[PDB]
A.B. asks: 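Dropping a structure here in structure tokens format, bear with me for questions.
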Amino acid sequence: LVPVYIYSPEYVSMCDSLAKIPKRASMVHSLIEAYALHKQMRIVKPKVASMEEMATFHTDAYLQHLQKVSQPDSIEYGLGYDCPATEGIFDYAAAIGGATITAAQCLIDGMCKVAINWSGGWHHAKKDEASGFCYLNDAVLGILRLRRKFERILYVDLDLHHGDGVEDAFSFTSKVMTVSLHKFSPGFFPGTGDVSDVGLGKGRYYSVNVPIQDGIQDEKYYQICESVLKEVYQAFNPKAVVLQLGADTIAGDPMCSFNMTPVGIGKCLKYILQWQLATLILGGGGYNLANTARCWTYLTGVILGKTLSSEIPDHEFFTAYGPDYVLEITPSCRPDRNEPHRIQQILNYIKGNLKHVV
Ligand SMILES: O=C(CCCCCCC(=O)Nc1ccccc1)NO
Ligand SMILES: [Zn+2]
């Protein structure tokens, strides 16, 4: 009845080797270890995602190319600047999926109410192509696995970016719903998913997308979140939840767009949690490394329902939390360019869309 925490040194170190965020998992796990919160969770070692296990969603050519490469044909398979070809990513990606699959497996074995995989949450990678630092849509692998025991699954995406890859995969079906809350403005990755984009075919209206602009703090974010999800849950009536809790919305992230504190996102986490559903907790974006570790450290708190010591404790990465050495984050002071006009104009458009589900 206690939460499953996906950890191993071998995993964490694989996850530190992803170029675009060196030492982030180390840091994350470390601040958590430091607050001793891992001792209040069942630590589960993640399995290696088998060639087939990954092939559930990723077209086998890809998963074969990415293996040779990890030991010319790189530009085909979506690799680029965003996604280097570091020998060897094949194991890196195969550890994130495996972790997310392991977490989902616990949930479906009845091992826990909640499973955590901070290292996962790569909501961009497509079936045949890498995109957005994402090599492997581990959420998709998480949801697919969850779909063996549970009927209706709900993906909620609270990362700064659009969960496009998760949206894509389940845009056709009505058996999975995606709520993504993100920035929308052209040029800004991935530049898919305006409110209008709602899912196609047998699963039309089964894709929510909330476009938001810079400046938004907790107060207003919880509003849009508590709103949407309330109407989504009542309508969709899901059997399990998959949460992507990207850190790049938070103040101090060099991506400097939203203005969240972990408290605000944690209020949303508190909300989703009260549903007493099976819940898969994934990370995502996080580019202020300390703020990220602060953030997911915090969140593990609310999952465990344990309020945390404000003073950061000493450990490996203590120095990173200076100068003020605390868990809380101060919002930056800059305009909330979300006119309260357009917000209500967005709720309705969504609210009316939910009158169709299902
Ligand atoms: O945050 C993410 C993945 C990030 C992918 C967005 C692309 C941003 C990017 O590549 N910008 C950049 C590249 C090099 C240096 C500075 C910014 N998931 O939501
Ligand atoms: Zn992001």
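Residues 14-84, 91-377, in that order, are what chain A shows, numbered as in the PDB entry. Below, all heavy atoms of this structure are taken into account, side chains as well, without hydrogens, waters or symmetry copies. Header lists the method as X-ray crystallography, 2.9 Å. Read the numbers this way: they start at 1 and go in the same order the structure lists the ligands and their atoms.
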A.B. asks: What would the PDB label the drug at ligand 1?
C.D. replies: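 Recorded as vorinostat.
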A.B. asks: Help me with this one: what macromolecule has the most contacts with vorinostat (ligand 1), named as in UniProt?
C.D. replies: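 Largest number of contacts: Histone deacetylase 8.
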A.B. asks: Which residues lie close to vorinostat (ligand 1), i.e. with a heavy atom under 4.0 Å?
C.D. replies: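 The binding site of vorinostat (ligand 1) (heavy atoms) is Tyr100, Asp101, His142, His143, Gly151, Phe152, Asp178, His180, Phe208, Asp267, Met274, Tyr306.
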A.B. asks: Using heavy atoms only, determine which UniProt active-site residue in chain A is nearest to vorinostat (ligand 1) and give the distance to 1 Å.
C.D. replies: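 Of the UniProt active-site residues, the closest to vorinostat (ligand 1) by heavy atoms is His143, 3 Å.
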A.B. asks: I'm curious what other ligands or ions sit under 4.0 Å from vorinostat (ligand 1). Any?
C.D. replies: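 Near vorinostat (ligand 1): ligand 2 (zinc ion).
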A.B. asks: Quick check, please: with a 4.0 Å heavy-atom cut-off, which UniProt divalent metal cation-binding residues in chain A are near vorinostat (ligand 1)?
C.D. replies: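 The overlap, by heavy atom and UniProt annotation, is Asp178, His180, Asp267.
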A.B. asks: Name the UniProt substrate-binding residues of chain A with a heavy atom closer than 4.0 Å to vorinostat (ligand 1).
C.D. replies: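 Per UniProt, the ones with a heavy atom under 4.0 Å: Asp101, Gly151, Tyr306.
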A.B. asks: What source organism does the PDB entry list for chain A?
C.D. replies: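 The PDB gives the source of chain A as Homo sapiens.
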